[PDB]
Amino acid sequence: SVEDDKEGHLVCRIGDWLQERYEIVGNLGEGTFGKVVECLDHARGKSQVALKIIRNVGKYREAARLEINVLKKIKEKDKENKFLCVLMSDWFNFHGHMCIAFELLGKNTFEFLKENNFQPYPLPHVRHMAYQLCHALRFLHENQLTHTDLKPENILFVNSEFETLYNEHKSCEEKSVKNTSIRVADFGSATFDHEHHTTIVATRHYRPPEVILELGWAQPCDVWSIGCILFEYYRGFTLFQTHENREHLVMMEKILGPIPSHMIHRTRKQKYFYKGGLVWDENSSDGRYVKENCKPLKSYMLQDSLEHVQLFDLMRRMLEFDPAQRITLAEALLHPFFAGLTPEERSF
Ligand SMILES: O=C(O)c1ccc2c(c1)nc(Nc1cccc(Cl)c1)c1ccncc12
């Protein structure tokens, strides 16, 4: 009657119902955890929802339980729904799968980019998106909570309907999103201050130096992630296209300058250093890739203008090695970069 498979996944497709209430109408994506479907909610006037279905596996169903509690508390601490976190309307246990019902939104920021041939969002869009991220996460931080898994895939457009513009200088078409309003999603790694902090958090590309070096992590972790994301919105490609610790650190040095010595002394990962200098093989493929591809942060600017200088200044502050030294989100919202917003953008 209700069927599964190997890793757990519920056997469902467009047509199938959950709880005699949620009628599946399409697919939205899949992942390591399980699936996300578009449904109609027949107990709420055929409301359009995005239903997340965690797999029927002990530790997944388990971790989902804490995800819900995080969402309960976000919901509970923002009743006006003004702080731009994905809104959970409902959660439930279906024969082993924890399902979480969310408001239905458009494409995530990675998927939009991919479909735009990895051509960057205009700086005004980067500016408005940056501003929402800071606001959302500042709110999360304010509340003893750290996301830990921020990345473009986890940032969703409310509506991703785009305009098509011809780019004169590039001789090709570009997709320009009509509404740059966003929501922060995927709280299945979000962590309270008083809860246990796993040693390693974040997707590698967005993982900060204090985590690699194993110096402990707090809220500033999310700030490092945002720097990475803003660069990625600005250029269209990943800042740290890395698969390995050593390489990652070398990339951080090539791009941001040398690791501060107090962090080298504090870490118990001394296998990376040698007389306070990073040890790596420059003639290996990794070494050559980094040599070829990783230049100082400023060399990535596309324009000299003030608003571009300002973005790159905020970005460097977001990407400070020392987390104690790293800009906070409250300081970020005060930066002369957001003086470029429109009152509609600024007022939320
Ligand atoms: O986890 C959440 O908090 C979460 C919450 C809501 C959505 C979501 C993830 N992922 C979506 N799409 C998506 C895109 C790519 C891969 C995957 Cl697995 C899912 C999506 C789409 C439309 N409306 C809401 C959502």
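Note that chain A carries the PDB entry numbering, so the residues on display, from first to last, are 135-482. If you're wondering, the header gives X-ray crystallography, 2.3 Å. For ligands, and for the atoms within them, numbers begin at 1 and follow the listed sequence. Side chains included, hydrogens not; waters and symmetry mates left out as well; all remaining heavy atoms used.
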Checklist entry - From desidustat, quinidine, reboxetine, silmitasertib, can you tell which is the drug at ligand 1? => result silmitasertib
Next on the checklist: Hey, which chain has the most contacts with silmitasertib (ligand 1) here? Just the name the PDB entry gives it.
Outcome noted: Dual specificity protein kinase CLK3
Next on the checklist: Mind figuring out which UniProt-annotated active-site residue of chain A lies closest to silmitasertib (ligand 1)? I'd like the heavy-atom distance, to 1 Å.
Outcome noted: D283, 9 Å
Item to check | Geometric N/O contact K186 with silmitasertib (ligand 1), under 3.5 angstrom | outcome: yes
Checklist entry - Of the residues in chain A that UniProt says bind ATP, which ones have a non-hydrogen atom under 4.0 Å from silmitasertib (ligand 1)? => result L162, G163, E164, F167, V170, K186
Checklist entry - Which UniProt domain of chain A holds most of the residues in contact with silmitasertib (ligand 1)? => result Protein kinase
Checklist entry - For silmitasertib (ligand 1), which atoms have a heavy atom of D320 less than 4.0 angstrom away? => result 1 (O), 2 (C), 3 (O)
Next on the checklist: Within the 4.0 Å heavy-atom shell around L239, which atoms of silmitasertib (ligand 1) are there?
Outcome noted: 22 (C), 23 (N), 24 (C)
Next on the checklist: Is there a polar contact between silmitasertib (ligand 1) and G240, counting only N or O atoms under 3.5 Å apart?
Outcome noted: no
Checklist entry - What species name appears in the entry as the source of chain A? => result Homo sapiens
Checklist entry - Heavy atom under 4.0 Å from silmitasertib (ligand 1): found in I234's side chain, backbone, both, or neither? => result neither
Item to check | Covalent linkage of silmitasertib (ligand 1): residue, atom | outcome: none
Next on the checklist: Is the contact between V170 and silmitasertib (ligand 1) made by the side chain, the backbone, both, or neither, using heavy atoms and a 4.0 Å cut-off?
Outcome noted: side chain
Checklist entry - So, does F167 sit close enough to silmitasertib (ligand 1) that a heavy atom of it is under 4.0 Å from the ligand? => result yes
Checklist entry - For silmitasertib (ligand 1), which atoms have a heavy atom of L238 less than 4.0 angstrom away? => result 22 (C), 23 (N)
Checklist entry - Touching silmitasertib (ligand 1) at all, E237? Heavy atoms, strictly under 4.0 Å? => result yes
Item to check | Atom indices of silmitasertib (ligand 1), in the order listed, that fall short of 4.0 Å to a heavy atom of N242 | outcome: 14 (C), 15 (C)
Checklist entry - Which residues does the binding site of silmitasertib (ligand 1) contain at 4.0 Å, with heavy atoms considered? => result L162, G163, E164, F167, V170, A184, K186, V220, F236, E237, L238, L239, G240, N242, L290, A319, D320
